[PDB]
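Working notes, structure below.
The chains carry the letters A, B, and so on, in the order of their sequence lines. We're sticking with the PDB entry numbering for chain A, so the shown stretch reads 587-730, in order. Following the PDB entry, chain B residues are numbered 9-110, 117-182, 200-492, 498-730, in order. Heads up, chain C uses the PDB entry numbers, so what you see runs 9-109, 117-182, 200-492, 498-730. Per the PDB entry, chain D residues shown: 148-182, in order. Whatever order the structure lists them in is the order used to number ligands and atoms, beginning at 1. We read in the header that electron microscopy, 2.1 Å was used to get this structure. Displayed portion only: the contact tally does not extend beyond what is shown. Below, all heavy atoms of this structure are taken into account, side chains as well, without hydrogens, waters or symmetry copies.
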Amino acid sequence: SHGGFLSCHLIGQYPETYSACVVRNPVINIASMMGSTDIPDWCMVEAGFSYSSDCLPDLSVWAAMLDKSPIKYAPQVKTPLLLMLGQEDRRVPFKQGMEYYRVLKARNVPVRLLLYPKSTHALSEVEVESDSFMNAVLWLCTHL
Amino acid sequence: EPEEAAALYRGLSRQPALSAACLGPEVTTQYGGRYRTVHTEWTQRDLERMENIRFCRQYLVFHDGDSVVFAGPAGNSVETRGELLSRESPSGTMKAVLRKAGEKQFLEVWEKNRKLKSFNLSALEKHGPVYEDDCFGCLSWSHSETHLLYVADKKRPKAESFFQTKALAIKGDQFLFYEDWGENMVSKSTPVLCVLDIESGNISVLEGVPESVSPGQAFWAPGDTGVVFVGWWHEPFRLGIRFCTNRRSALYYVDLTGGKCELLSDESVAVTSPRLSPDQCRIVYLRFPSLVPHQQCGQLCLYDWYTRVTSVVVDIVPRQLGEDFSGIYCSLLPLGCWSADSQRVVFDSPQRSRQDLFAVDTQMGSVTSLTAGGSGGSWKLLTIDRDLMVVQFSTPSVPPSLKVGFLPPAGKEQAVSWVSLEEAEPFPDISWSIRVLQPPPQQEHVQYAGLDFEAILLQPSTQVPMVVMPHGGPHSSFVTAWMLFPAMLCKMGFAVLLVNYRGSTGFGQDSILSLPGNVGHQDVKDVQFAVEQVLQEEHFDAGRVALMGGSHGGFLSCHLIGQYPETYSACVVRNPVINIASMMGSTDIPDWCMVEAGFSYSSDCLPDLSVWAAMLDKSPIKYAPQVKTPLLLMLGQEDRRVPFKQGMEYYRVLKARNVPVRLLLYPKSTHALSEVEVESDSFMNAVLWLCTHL
Amino acid sequence: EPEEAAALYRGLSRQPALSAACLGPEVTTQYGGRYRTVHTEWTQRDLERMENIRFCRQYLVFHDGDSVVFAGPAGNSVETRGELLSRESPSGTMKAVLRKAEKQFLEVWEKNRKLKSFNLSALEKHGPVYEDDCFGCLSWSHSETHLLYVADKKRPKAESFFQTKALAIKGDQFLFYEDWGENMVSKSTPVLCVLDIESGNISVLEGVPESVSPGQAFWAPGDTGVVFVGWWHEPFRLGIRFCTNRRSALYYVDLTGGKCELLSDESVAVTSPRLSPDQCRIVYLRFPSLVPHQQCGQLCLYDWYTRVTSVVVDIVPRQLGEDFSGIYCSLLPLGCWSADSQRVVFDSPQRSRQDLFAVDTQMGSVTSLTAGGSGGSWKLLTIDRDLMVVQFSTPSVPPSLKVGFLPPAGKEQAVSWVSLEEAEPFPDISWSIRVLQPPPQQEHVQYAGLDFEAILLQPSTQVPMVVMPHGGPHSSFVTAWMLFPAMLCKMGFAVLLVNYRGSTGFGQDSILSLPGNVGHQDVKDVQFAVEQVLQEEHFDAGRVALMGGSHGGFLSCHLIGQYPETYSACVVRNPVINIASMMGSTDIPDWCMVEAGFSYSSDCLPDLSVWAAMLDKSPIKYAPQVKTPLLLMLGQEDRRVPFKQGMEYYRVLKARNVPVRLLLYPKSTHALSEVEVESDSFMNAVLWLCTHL
Amino acid sequence: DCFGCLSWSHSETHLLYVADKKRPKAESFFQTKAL
Ligand SMILES: *C(=O)[C@@H]([C@@H]1N=C(C(=O)O)[C@@H](S[C@@H]2CN[C@H](C(=O)N(C)C)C2)[C@@H]1C)[C@@H](C)O
Ligand SMILES: *C(=O)[C@@H]([C@@H]1N=C(C(=O)O)[C@@H](S[C@@H]2CN[C@H](C(=O)N(C)C)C2)[C@@H]1C)[C@@H](C)O
Ligand SMILES: *C(=O)[C@@H]([C@@H]1N=C(C(=O)O)[C@@H](S[C@@H]2CN[C@H](C(=O)N(C)C)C2)[C@@H]1C)[C@@H](C)O
């Protein structure tokens, strides 16, 4: 979630420190998340503006949102990454991870993507939880 | 009145439409006469069962030489269930059918009054589900009539969980992501070519297809030595393919055994619809030379099998080539399109506001119109065999009808005589006409000067209210054919105006290329000018004008109610485009937003402030605060080309300001809303909204 | 060899069979030619989908008014799904279809359009529609404005005593409703329904007597009323399927008012009425005795305007010439009248053949249209404007389709058949007919001089033989295409099918000879036929086997019990084992009383003498003597012959330590007709026979 | 645990809880009716 956002920022801004990364449902582009999330005021508040139900698009605001998102640093990434998305998540739409995945794949960076068609943000079902934990452990033990 | 509207819809929806036709072998009699049979397939809506039913019918044609002497029916209609694909053999003695039953998929071979053979594809376990669409699917007979060729999904390795219990597969791969080809292509990721031997019943998957292409539209090469197919590039990722002709692809030939594959055309443009000639010496196909627009004017090209020479038979038309031809705009050719001499080809294409039939000589390059002149109408060519054509004809006030004809010899194709096989009853209370519009001086394009456009007006045969419809696309158009909803509106007392603004297909390549980079400014003004001219000319009631549109047509309607708030009294939209910038990151065709905004598209892009501002400046949401027209919104929750959150954002903006809005959400429908129940419900709701608010 | 047998079965089961045919309207040409279309329906087994599939085909016939000039195909076959009944209109312009899709829909088609559709379930005027040949029907009005059919009567709603209602009769949920027996599950009381096409309204006719079940209805002349057949169901119902001895009568009822009148006698059985093209007279079949389940019948005629009834064709004791022996069909073709409204055509068994006959209703003469030759089986599917469509087959030739023209009166024997669809013969099978004369010690006390027949198939000595008696016992074998006998013949066996005294098609004396003698006269006829055939063809006497079902299994058990040294193997299907125990559990209790030699009464009570006779006539009495290995195959849901009879026989044999193999099908009836069950049973039987000989 | 609850009255004779609001029934424009 907000913790996957930070991890992508870290691997984009410090390309030498880390050698592996796993993210479940990261926030990737704050500007494009506003129109699809169930809590649009979160995007406004965390970017430094006041939310209003009558507010319309304003290019000045949309500039701040883009400058604070990890996608901006995509071209500098080299760390192998594992993505695990839930297709029914309503707070963080799963297209967010897809954009990052496409950007990384266009540059031949090693990426592994798992998609759970019936899971929400938490991936809390026993089968999904066990499979995701096993895959993450295997990734970490192999790439280190 | 809901009851009267329901009765009218019941009456209008009963008219069926043609889907396919084929011809049988010739038969001789001891008296010397000659006749042959025609097989046709029809589809019809059924409101009691709430489903689309499909049935078959057969006809008889007695001919003496190259002339039709008599035609008649040969029995009653028979309903069918579970047929995906079917193809008669070259000699006409056997028939191959793909069916779903049980569900499982079966391949059946019929001869006369017996089902000779059946194969259970699921049990053999050599591949996945078979493709039945028109993009990749096919079903072809060998020239020896011993083998069959088709396309099916590639087999995936078995996977299992880390914690399975075994009795006293790759672990962890159950949820690996497989990318599919987009809207109306759910679960279709990578096809493969499959060959079935009828005698032995063994299935093989051909080897040698390049790893980075998806194959399709395959047929047997001369001598049955190999297979010719079209490959679409899917690296680094797939872009929506349905309803687009600008996807990079090429033509390949592959040997039956060995793995050798050779390229037969260029590899930088789009190609489609290859057809081998009856003499087996040449191939004709369609080529689109730029990848920018989703629909455009195309070229007709020819390839010689034995000399290996490629040539251009028909080239791009900038504005017009005479008064009858304006370019090639069809996305496919008929399955049977060659004349008996293996020198001429026949097809159908839009031409301004009509749809006509054309014959092309592949040696000289001349194009001849077979249906020129008259008031108008829409023709469709279903097949040709031994110089006998089967066609469908319709107009805005006449449901589809079936005809047959003989293609005259070279140089006299305009003297064709049509014979009727199945006629339809007209509706004399609808009258239709075509209007031509010339943009005013202040609206001329900087580089393409002098373009004009058109509209189609239907009216009963200042008192009459009017409804305005722009088409989607934006590179599409309306043609003077049978349309259910406009006919219903006309029979309820409305007048209907369908607008083909600059950028529509069938008016030259200049019209196609004039629109990009100007969406939201040029088309809106074209529609407004047409509305004003029609109002001033026919003297309709200016206080009862309404709008109705889907997809890009909804985008235009929202723009219009936002920029001219005092002109329209009601509006109905379906799956509209509302915010291009936010749409870019969620649609299956991201290149469309960039192209229509006025920029080039490339993979490995990145968000930029300038491009995002340009996209935001062209969106109808910017005018939301000015709107005061009552609005009805209808959305499909599973639409993948236009996500349903655009309409939700528009709805929230309007709701926060106390504007009257009515929202309907269909949780299992796509962009089309083509299911019988959903379609009927949406049409009834729209008609009631229009009648109540005007 | 299981693989070779499976391949042979796959090859043989591919041949389709005809089920129905109809003719279309005549069409003229500017050149003067005249042609018309023929619509046919076929059915075929599919082993991959394990199901019976049905498809349709169409043909064209060009004629000159009295002769066929050309015939040809008019397209490919089209498979169909969910069609229960269908009927073309009198003028040939519309078509009515009953479909299931589950719900039931009545549809009307005209050219390339599904004009109308009606959802019967939603209207809620009746229950499921009848689709069988006993009660079901679907008829057009002469004005082509109304439709008539038959459906189950609506039952009042019921609910439990403890239902919870939001803030019907209580206790009637499990009331018993009696049905009509085997292959008639859940069918209790039908009713006549009329649908008006223009308005959409359904009505249930009033005036049917409370104590009858109506069926086989059609519109009366002038569309004033309806003519139907009513079967008595008091005090309780007896099995109706495959029986022609159920009491019934013919009734006419007005459309509105409730007046109902009787048109025939009320003490015998009547069936199969057909109105003439001119709408002046009606023919039907009458059976005057209720004792036997099949017998010789009469053909009777009724005049609409004079109200006079007469007998056109009467019972035949032994024979009427060398070509006719009586009427033994249970139904007439839907279209059976000549264009002059004076002659009728039908098909019937005749000794060991099945022939076509034409009858003049004014003079009463019967003429055979297919007399002479080696044999064969014909079936007439329809006639319209003097054009007949027929199916033909033989033991070594699968079914074929032909058309013909009926010659004028006095010359019907000169008919010329034109082939529409031919089948490929099997030249490795040869068949013949044998005649057998019982010896002096086996003559009947009252019917002296009767002889019987057998059909012998063989490849074209050390040849093994398989013997088959038919069920019934009032039934028979005819020289037609039979799948299993052909499969056996193609594997190297010889096959002998026996028509013992009491079979249909040999006169009423043969029918009446058997009752009261089951287990004695039928067992000795079969044994005599086997002995006679063995000594003449010089087959291997040490490799003779038996195979039979129902009454044929009863005979086979009797034979292996009374002649333990003659047969080396035996296969039976749903056999009758103990008549006395059968009486109290079957759906046709009168059969046990009649075949044992007594009369049946609805108020009968158990008696010692009758029970003793039934026990003395049962094969179980010979169980201790049996030593032949046995394969027994039973269907658990059979209602005419409960599956406990075979269980008792199996228990006795097992307790005596005899080799036995038992198969039980938990969802099958007496026929074992499902594709999977049928194939499994045939393969098991073939393997048993091959291994044990 | 945002809206749901289950409560006893002090007299212990009544119960209180929360549930979704009832919605009026609807039907298609083409539904067939029992004659
Ligand atoms: C991701 O961080 C998005 C949202 N913020 C949340 C947070 O507070 O961490 C989560 S919900 C929260 C986390 N664990 C609990 C939980 O998920 N369940 C009990 C199911 C509560 C939420 C996805 C953030 C970007 O808004
Ligand atoms: C909306 O217009 C979006 C896309 N453009 C379309 C168009 O060409 O009109 C449609 S698809 C096309 C229109 N009618 C056909 C159809 O819908 N079916 C056959 C189901 C094909 C498409 C959603 C545009 C904004 O991208
Ligand atoms: C067994 O023979 C029992 C009954 N008599 C029969 C007979 O006539 O042979 C059968 S029904 C008859 C035979 N073949 C047809 C058939 O089985 N189907 C169409 C399914 C009809 C019946 C069980 C006898 C002991 O009563």
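The molecule at ligand 2 is the drug meropenem (bound form). Of the chains near meropenem (bound form, ligand 2), the one making the most contacts is recorded in the PDB entry as Acylamino-acid-releasing enzyme.
At a heavy-atom cut-off of 4.0 Å, the other chains in contact with meropenem (bound form, ligand 2) are listed as B. For atom 6 (C) of meropenem (bound form, ligand 2), the closest heavy atom belonging to the protein is B:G509 N, 4.2 Å. Counting only heavy atoms of the protein, atom 22 (C) of meropenem (bound form, ligand 2) lies nearest to B:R677 CD, 4.0 Å. The covalent attachment site of meropenem (bound form, ligand 2) is B:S587 OG. Shown here, atom 16 (C) of meropenem (bound form, ligand 2) is in close reach of the protein: a heavy atom of it lies under 4.0 Å off. Counting only heavy atoms, the protein gets under 4.0 Å from atom 24 (C) of meropenem (bound form, ligand 2). Residue contacts with meropenem (bound form, ligand 2): B:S710 is excluded, as none of its non-hydrogen atoms falls under 4.0 Å. Residue contacts with meropenem (bound form, ligand 2): B:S587 is placed with a nitrogen or oxygen under 3.5 Å of a nitrogen or oxygen of the ligand (distance criterion only). Shortest heavy-atom distance from meropenem (bound form, ligand 2) to a UniProt active-site residue of chain B, with the residue named, rounded to 1 Å: B:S587, 1 Å. Distances below 4.0 Å separate heavy atoms of B:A708 from the following atoms of meropenem (bound form, ligand 2): 20 (C).
Between B:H707 and meropenem (bound form, ligand 2), a contact under 3.5 Å exists for at least one N or O pair.
Closest heavy-atom approach to atom 19 (C) of meropenem (bound form, ligand 2) within the set B:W628, B:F274, B:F591: this belongs to B:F274. Considering both main-chain and side-chain atoms, B:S512 comes within under 3.5 Å of meropenem (bound form, ligand 2) through a nitrogen or oxygen pair. The 4.0 Å heavy-atom shell around meropenem (bound form, ligand 2) contains B:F274, B:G508, B:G509, B:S512, B:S587, B:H588, B:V613, B:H707, B:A708.
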Write 'none' if nothing qualifies; otherwise put on separate lines each N/O atom of meropenem (bound form, ligand 2) with a protein N/O atom under 3.5 Å away and their distance to 0.1 Å.
from: meropenem (bound form, ligand 2); atom 1: 2 (O); to: B:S587; atom 2: OG; distance (Å): 2.2
from: meropenem (bound form, ligand 2); atom 1: 2 (O); to: B:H588; atom 2: N; distance (Å): 3.2
from: meropenem (bound form, ligand 2); atom 1: 8 (O); to: B:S512; atom 2: OG; distance (Å): 3.2
from: meropenem (bound form, ligand 2); atom 1: 9 (O); to: B:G509; atom 2: N; distance (Å): 3.4
from: meropenem (bound form, ligand 2); atom 1: 17 (O); to: B:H707; atom 2: NE2; distance (Å): 2.5

